[PDB]
Amino acid sequence: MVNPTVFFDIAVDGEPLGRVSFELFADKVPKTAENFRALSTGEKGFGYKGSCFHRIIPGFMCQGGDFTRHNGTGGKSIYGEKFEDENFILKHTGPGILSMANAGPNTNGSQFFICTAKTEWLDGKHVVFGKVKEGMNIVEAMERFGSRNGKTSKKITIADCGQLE
Amino acid sequence: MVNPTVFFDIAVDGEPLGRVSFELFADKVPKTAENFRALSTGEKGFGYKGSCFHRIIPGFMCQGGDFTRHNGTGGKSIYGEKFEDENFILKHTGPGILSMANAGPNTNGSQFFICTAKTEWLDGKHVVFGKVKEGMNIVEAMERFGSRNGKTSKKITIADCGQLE
Amino acid sequence: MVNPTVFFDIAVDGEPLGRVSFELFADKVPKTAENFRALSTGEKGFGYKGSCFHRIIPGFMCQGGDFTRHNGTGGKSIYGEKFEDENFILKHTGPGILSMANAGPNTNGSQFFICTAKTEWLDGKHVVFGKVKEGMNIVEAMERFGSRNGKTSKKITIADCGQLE
Amino acid sequence: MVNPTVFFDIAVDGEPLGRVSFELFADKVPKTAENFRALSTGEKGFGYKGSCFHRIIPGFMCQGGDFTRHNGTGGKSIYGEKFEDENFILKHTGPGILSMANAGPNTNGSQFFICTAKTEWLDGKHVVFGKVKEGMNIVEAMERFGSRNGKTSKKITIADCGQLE
Amino acid sequence: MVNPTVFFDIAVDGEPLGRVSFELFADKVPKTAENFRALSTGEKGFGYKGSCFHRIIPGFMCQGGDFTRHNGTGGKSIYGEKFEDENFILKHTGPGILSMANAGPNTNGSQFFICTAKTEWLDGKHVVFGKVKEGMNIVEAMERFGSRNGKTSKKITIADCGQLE
Amino acid sequence: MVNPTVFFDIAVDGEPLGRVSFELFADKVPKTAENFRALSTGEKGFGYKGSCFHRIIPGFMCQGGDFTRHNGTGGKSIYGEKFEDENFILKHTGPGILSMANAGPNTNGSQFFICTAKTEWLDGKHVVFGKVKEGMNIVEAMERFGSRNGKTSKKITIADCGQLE
Amino acid sequence: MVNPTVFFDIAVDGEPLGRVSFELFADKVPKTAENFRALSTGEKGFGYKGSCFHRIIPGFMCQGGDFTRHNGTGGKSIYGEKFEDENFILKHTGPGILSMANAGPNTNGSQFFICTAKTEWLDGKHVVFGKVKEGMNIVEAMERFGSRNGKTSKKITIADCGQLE
Amino acid sequence: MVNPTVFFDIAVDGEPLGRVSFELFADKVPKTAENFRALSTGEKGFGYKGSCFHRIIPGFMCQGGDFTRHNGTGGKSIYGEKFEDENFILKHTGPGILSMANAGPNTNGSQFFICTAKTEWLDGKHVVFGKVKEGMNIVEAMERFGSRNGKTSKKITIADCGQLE
Amino acid sequence: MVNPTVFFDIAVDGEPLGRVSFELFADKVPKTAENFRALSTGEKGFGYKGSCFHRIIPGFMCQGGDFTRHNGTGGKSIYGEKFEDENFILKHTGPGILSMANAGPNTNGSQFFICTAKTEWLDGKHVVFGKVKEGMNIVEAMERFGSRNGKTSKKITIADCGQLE
Amino acid sequence: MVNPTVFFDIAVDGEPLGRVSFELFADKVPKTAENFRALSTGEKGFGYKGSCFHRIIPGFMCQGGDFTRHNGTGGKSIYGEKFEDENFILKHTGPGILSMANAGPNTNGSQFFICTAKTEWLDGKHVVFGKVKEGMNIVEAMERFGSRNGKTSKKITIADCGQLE
Amino acid sequence: XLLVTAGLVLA
Amino acid sequence: XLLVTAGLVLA
Amino acid sequence: XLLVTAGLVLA
Amino acid sequence: XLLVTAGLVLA
Amino acid sequence: XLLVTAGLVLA
Amino acid sequence: XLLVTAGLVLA
Amino acid sequence: XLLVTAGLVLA
Amino acid sequence: XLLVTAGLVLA
Amino acid sequence: XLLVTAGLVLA
Amino acid sequence: XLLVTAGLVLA
């Protein structure tokens with residue numbers, strides 16, 4: 001099929017930073033992509049709009065999607081509290097790769113991460129489901145508000161998000 | 001806590017037949033119990049109230065809980081579309097045992113069955129979660145509206161249901 | 001449940017000898033019981049009636065059910081050419097035990113055997129599904145027309161068969 | 001072995017739409033190809049002539065072959081109620097691929113799907129057994145009567161079918 | 001082995017409530033026994049002194065030991081960040097059992113829980129390593145400050161803790 | 001090594017037609033090759049000479065080797081009644097391929113088949129062990145005396161057989 | 001089934017020593033009992049008449065049945081060079097137990113051992129199939145010609161053998 | 001068989017402390033017992049005579065047998081540098097149990113331990129092969145020269161050892 | 001990720017020899033990379049400063065990092081006593097590879113080894129995590145102070161160590 | 001290091017025939033190489049010198065290394081009675097390959113074989129450790145003293161052996 | 001047969 | 001999701 | 001179907 | 001449900 | 001031996 | 001280390 | 001057959 | 001040891 | 001802990 | 001042999 005495309009408008013302590021867009025690989029992981037697409041439109045009643053990125057480690061990734069607890073202990077999926085690892089067809093090939101965070105096998109919820117490098121030690125323990133299409137510079141900018149332990153110096157926010165095509 | 005008790009007031013073409021009540025074994029399968037309890041009280045905003053028993057096989061069991069399509073293809077759990085077999089600690093020991101219907105491993109939704117016999121061959125493939133407390137005679141009267149292939153000859157409904165304690 | 005009962009009316013070279021009847025353990029292996037029952041009534045349009053016992057071994061068992069090839073290579077189940085080993089709950093405990101012949105795992109057809117001895121070495125590899133109720137004396141008479149290799153000295157036939165109960 | 005070819009003449013609310021023809025890969029999955037061929041000729045007493053496509057999802061596939069219940073719950077094979085996954089040699093490579101629907105491992109019956117994209121998330125869990133030869137345009141036309149949930153706005157029918165070679 | 005014994009002095013908001021003692025089952029799980037023994041005496045520089053119970057569920061258990069983040073995301077063992085599941089010889093047999101919390105196989109840290117009921121569905125997935133000896137009455141007093149979803153209505157605290165013998 | 005070569009002199013209803021010869025892949029499956037070779041020379045006192053091809057299916061294969069029962073139920077190997085699947089290194093690549101018939105895993109006897117088509121669906125479940133060298137035209141002539149079900153219209157016999165090399 | 005009984009008449013450098021008789025547990029391992037019975041009668045053309053006990057270890061067992069090489073490297077079964085471990089139902093319970101020697105799993109031939117103590121370290125890895133009935137004294141006498149390494153100081157012979165019942 | 005019995009004469013910084021004797025369970029683990037028996041007589045050229053106990057933890061065990069490095073990194077067996085875990089039939093049932101030390105699966109050499117309590121957490125990771133028969137008081141005395149980390153305050157020595165019966 | 005780089009200043013007896021630098025493969029084994037990175041900078045309070053190489057075998061490797069016992073029985077990681085095998089993505093490809101010593105699956109501590117040859121037989125059983133960058137010449141100089149059985153003829157030492165970038 | 005080279009000076013009834021030399025692949029299987037090297041030089045005080053090739057099968061291989069019983073039942077490794085299959089990295093690629101004989105998994109002793117052909121069927125079940133360097137023509141001349149069943153018609157001996165470099 | 005499934009009822 | 005089942009159609 | 005067995009010929 | 005985890009608390 | 005098969009009777 | 005969990009963040 | 005064992009030579 | 005093999009008698 | 005190894009003594 | 005362990009050094 002023609003893969004969907006979502007956008008995040010990022011914000012830093014309230015100030016528009018820019019827009020990142022993402023291809024979702026519904027042609028490999030259609031159920032994982034659909035979860036993230038739905039959470040981006042808010043169309044099921046809940047979603048990422050207004051959620052922060054609680055854990056940003058420079059030279060690794062930006063982690064977001066905990067729209068219930070904002071600290072890593074939360075978020076839920078359009079399918080229930082958790083769903084199964086769909087498959088590990090796609091690999092963590094470089095910066096821009098969008099993948100699922102979890103708390104082990106079959107615990108996918110809403111939390112995700114945008115890779116700011118190649119993360120191959122994570123192949124086959126995290127379902128890769130999309131890639132940054134435009135706005136990689138914005139993600140580069142978000143990094144700088146991160147740290148080695150992940151605490152962010154400013155509140156990194158998805159002010160707005162939805163689908164494009 | 002004690003183990004919770006739920007009630008079903010059964011109707012036959014809208015004529016009241018009687019009440020069946022159940023002990024739910026929340027001390028063995030708390031997650032599976034809770035799903036059924038919650039769907040019985042209606043407290044998530046959907047559940048068993050008004051639903052029918054779509055398949056009744058005299059000598060074997062009564063199957064219901066399909067509140068979305070009333071034919072065996074439907075229903076949903078308070079946890080999402082499906083949840084995992086919690087454990088198989090309890091066995092199908094005899095008449096009155098209440099146990100989950102499914103479409104293979106880890107497909108628990110909302111459908112359940114009430115046994116009218118020891119159904120040992122199902123041990124290990126259907127999560128047993130409760131047993132009839134009072135009203136077995138009502139389940140026995142429901143039987144008479146079934147048939148070998150399961151089709152019911154009158155409409156058998158849960159006119160009301162909820163929790164007694 | 002009440003376990004069905006089937007009967008065979010056994011002939012020796014066309015001469016009626018008598019009746020064997022069997023309890024079918026529908027309460028342990030309902031799918032296996034149902035196959036034998038229906039092949040015995042003839043109700044699908046094919047079955048045991050007219051078929052012979054092609055392999056009889058004194059001290060071991062009488063084997064028949066091969067209603068399409070009359071020699072061990074044939075038969076079919078009501079479910080298709082073959083079906084799966086339902087379970088191995090029941091063991092080969094002694095004479096009278098009714099169990100499925102197979103060609104290895106999951107190849108149940110129409111063929112079966114009536115034990116004339118405890119046959120413990122088959123536990124876990126033949127699904128036991130019934131037992132002689134009455135007419136064990138007929139099975140013993142049958143057993144005398146076999147030999148070490150199973151060839152029979154008279155044609156042992158199921159002249160008629162059906163359900164009593 | 002030359003691979004057989006079957007035809008479907010498709011109708012929309014009875015209005016002839018056109019012919020789709022199929023190569024069956026009997027050189028890879030002979031048992032699965034033969035099931036479909038025979039259903040398509042109707043030679044065993046039953047089959048696809050007159051059945052409908054009950055679930056059609058634009059950008060994914062058209063599902064049909066349920067000739068006993070017309071909703072996904074029915075159909076039977078020529079080998080009985082169900083048969084095993086023959087092999088998974090062939091993959092879901094693109095539009096036109098004919099593969100089997102199921103309710104999990106070894107539950108093949110009469111239901112199939114004609115892909116309208118590459119569906120690689122299904123490799124390994126659905127036996128691919130054929131591919132559209134002529135009429136892909138006729139499938140792209142059928143595709144237009146489906147919807148994201150699969151319900152069809154019109155009755156898509158196999159008004160006739162059989163084998164060309 | 002004399003099996004060791006520890007004590008907790010529990011304090012609601014600031015007020016003494018009472019003393020809870022435990023037998024640590026050093027003769028079945030010496031290693032798990034020791035982690036908790038040392039986290040109680042505080043003898044490695046860190047431990048349970050002044051930590052809270054962050055999750056209490058009436059009729060189930062009281063969860064605490066998270067001395068680094070006070071919300072279940074923290075704790076660490078005297079052996080390091082995590083240690084293996086030692087063994088599961090012991091079962092959750094009734095009120096008072098002490099057992100490890102965790103985040104799945106082999107992630108024991110410092111978090112633990114005191115049962116207020118037989119919790120048999122946790123058998124095999126949580127290492128059981130001790131039982132309340134004296135002060136069960138105090139534990140039940142703690143129960144009452146908790147809710148369905150675990151959050152406590154007053155800050156429950158281990159004001160002091162160490163080893164009696 | 002030099003791979004042995006055996007020959008069969010094929011008769012049709014007692015009339016000599018010609019010679020088929022085969023290379024045996026002793027360098028990949030020496031135990032399987034040796035069995036066929038020795039059954040072909042007759043050197044153990046039993047073997048292929050005089051035996052018939054009992055099952056011939058056009059477009060698939062010719063099957064024989066059943067020198068004790070002449071119908072598929074018989075034969076023995078030089079090693080005892082059966083032997084194990086040596087390995088599956090060689091695949092069924094096309095016409096002329098010589099492979100072992102079996103009754104499931106590890107039941108190699110004397111029966112074999114000569115393919116008249118690529119038969120890929122048997123890879124991994126029949127040990128391939130040789131190939132027609134000369135006389136493929138004889139196998140094709142043989143193939144015409146078969147039918148869809150394998151019954152043959154003339155008695156196809158191995159009048160003589162042996163080792164050339 | 002009544003279990004067969006074989007006899008060995010033992011000789012020391014040709015000097016008659018006495019009769020040992022054996023119950024064969026054909027009711028547990030019919031295939032393994034039959035091998036030994038037939039070897040003991042010599043009915044298949046070969047067997048134990050005239051063979052020796054090549055390895056006898058006081059306090060453990062007497063090993064014999066190597067009639068082709070007389071040193072542990074030889075023997076054959078009536079089913080061929082080797083046959084499978086039939087089952088391990090029976091254990092090595094004490095003196096007098098007849099069990100099979102082998103060279104690992106599924107390598108049974110003609111070699112056996114008569115235990116002179118309980119040998120439970122062998123349960124599971126040697127098929128027990130019989131037990132001394134009469135003559136245990138004659139085995140205790142043979143035992144005296146062995147040594148810690150198993151070499152015998154005299155030629156222990158089976159001067160005759162066969163079946164009593 | 002009649003199990004062997006070995007003796008250790010212990011010595012503390014040179015002074016005779018006393019004699020411990022041990023039953024070796026050659027009836028359950030004959031190869032493990034034989035290793036320890038041989039090492040005790042010195043009969044293969046090397047053995048325990050003059051070796052120390054390098055690691056004694058009170059209320060747990062005395063570890064010895066490193067007769068090559070005297071620190072835990074050494075010792076070898078009569079069968080080579082290491083042998084396999086024979087079986088885990090026997091359990092660590094109480095004080096006096098003699099068992100093998102190792103460095104994981106299948107690494108038995110010469111190092112052993114005498115239990116001074118019940119050590120059940122070690123069942124099924126250490127081959128139990130004997131028990132202290134007389135001299136448990138001497139082993140009690142050796143304990144006292146131990147410590148929590150195992151360093152001994154005085155040099156505990158097997159001055160002499162051999163077999164009794 | 002910039003892959004980190006560390007340095008060792010090696011000293012024979014007391015005399016400077018030279019400087020060895022390594023790339024740590026933080027992009028394949030970030031966790032193992034980090035342990036060694038921190039043990040080098042000494043930044044957790046302990047580490048590699050003033051430790052020796054206790055086992056050097058010409059034509060094989062140099063083993064060190066045992067900073068607590070200097071003989072291979074010691075070391076500990078920054079994560080605790082042991083950590084898991086991270087992954088085995090990287091192979092022992094030739095001279096200069098840095099890889100973990102261990103005592104079997106999942107017992108990585110601080111001990112490591114620098115290869116002086118392709119050591120492919122260690123692939124899969126030792127996590128490879130870095131390669132000598134500069135100073136391979138110094139490593140080869142170290143080789144020469146070792147023997148067949150590993151013992152070094154002069155005390156080889158990491159006088160200083162830290163991180164370049 | 002380079003890979004070591006060993007020599008065998010072969011004699012036929014004491015008349016010298018020639019030399020065979022071998023590369024031992026100590027860069028793939030150092031343990032298995034070393035065993036053979038050590039037994040070739042005689043340096044542990046036993047080894048191949050004076051031993052015979054007890055089984056020679058023209059077209060297949062020459063088998064020797066049984067220096068304790070010279071018939072296939074004997075020999076021993078420098079590691080003990082037996083050692084483990086080290087790995088199966090190398091395959092039986094053709095004539096001259098040197099590989100371990102065994103009696104099943106993990107039974108490597110001292111016996112080896114020299115291939116006179118590609119023996120692919122042994123891949124994965126015999127550890128390959130070397131290959132003939134010079135003197136294949138001598139192994140070819142040794143062949144002529146073999147036979148199909150392996151018996152040699154003259155005495156073929158390793159009159160001297162050792163290491164060349 | 002006698003199963004209790006949701007969707008494909010089998011024999 | 002995008003499955004092709006016969007009975008319990010899943011997401 | 002198209003199998004090559006010895007005794008129970010299947011489809 | 002009733003689980004006792006450390007971080008992802010589940011139903 | 002004593003088996004009860006359908007097609008390849010074994011020993 | 002470098003993990004991306006949801007609850008117990010590990011080294 | 002063609003094996004290379006030590007003790008039980010098989011076919 | 002105490003085994004009862006046919007060919008490679010082990011300890 | 002309380003182990004009885006031969007080389008790496010663990011907690 | 002050539003192994004790189006930490007405590008039981010093997011052949």
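To find a chain, count down the sequence lines: A is the first, B the second, and so on, and within it residues start at 1. Quick rule - modified residues become their parent or X, and added atoms are off the books for contacts.
- Looking at chain K, one finds the drug ciclosporin.
- Bound to ciclosporin (chain K) with the largest number of contacts is the chain that the PDB entry calls peptidyl-prolyl CIS-trans isomerase A.
- Other chains with any heavy atom closer than 4.5 Å to ciclosporin (chain K): B, C, D, L.
- In chain B, most residues contacting ciclosporin (chain K) belong to UniProt domain PPIase cyclophilin-type.
- As stated in the entry, the source of chain B is Homo sapiens.
- PDB entry name of chain L: cyclosporin A.
- In this structure, residues within 4.5 Å of ciclosporin (chain K) (heavy atoms) are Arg55(B), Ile57(B), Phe60(B), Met61(B), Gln63(B), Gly72(B), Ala101(B), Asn102(B), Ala103(B), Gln111(B), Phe113(B), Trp121(B), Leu122(B), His126(B), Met1(C), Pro30(C), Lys31(C), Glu34(C), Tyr79(C), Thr73(D), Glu81(D), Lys82(D), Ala103(D), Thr107(D), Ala6(L), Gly7(L), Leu8(L).
- At a heavy-atom distance below 4.5 Å, the residues of ciclosporin (chain K) in contact with chain B are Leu2(K), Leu3(K), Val4(K), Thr5(K), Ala6(K), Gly7(K), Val9(K).
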Taking 3.5 Å as the threshold, show me the donor-acceptor pairs across chain K (ciclosporin) and chain B, one per line with distances to 0.1 Å.
from	atom 1	to	atom 2	distance (Å)
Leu2(K)	O	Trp121(B)	NE1	3.0
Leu3(K)	O	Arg55(B)	NH1	3.1
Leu3(K)	O	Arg55(B)	NH2	2.8
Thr5(K)	O	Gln63(B)	NE2	3.2
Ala6(K)	N	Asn102(B)	O	2.9
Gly7(K)	N	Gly72(B)	O	3.2

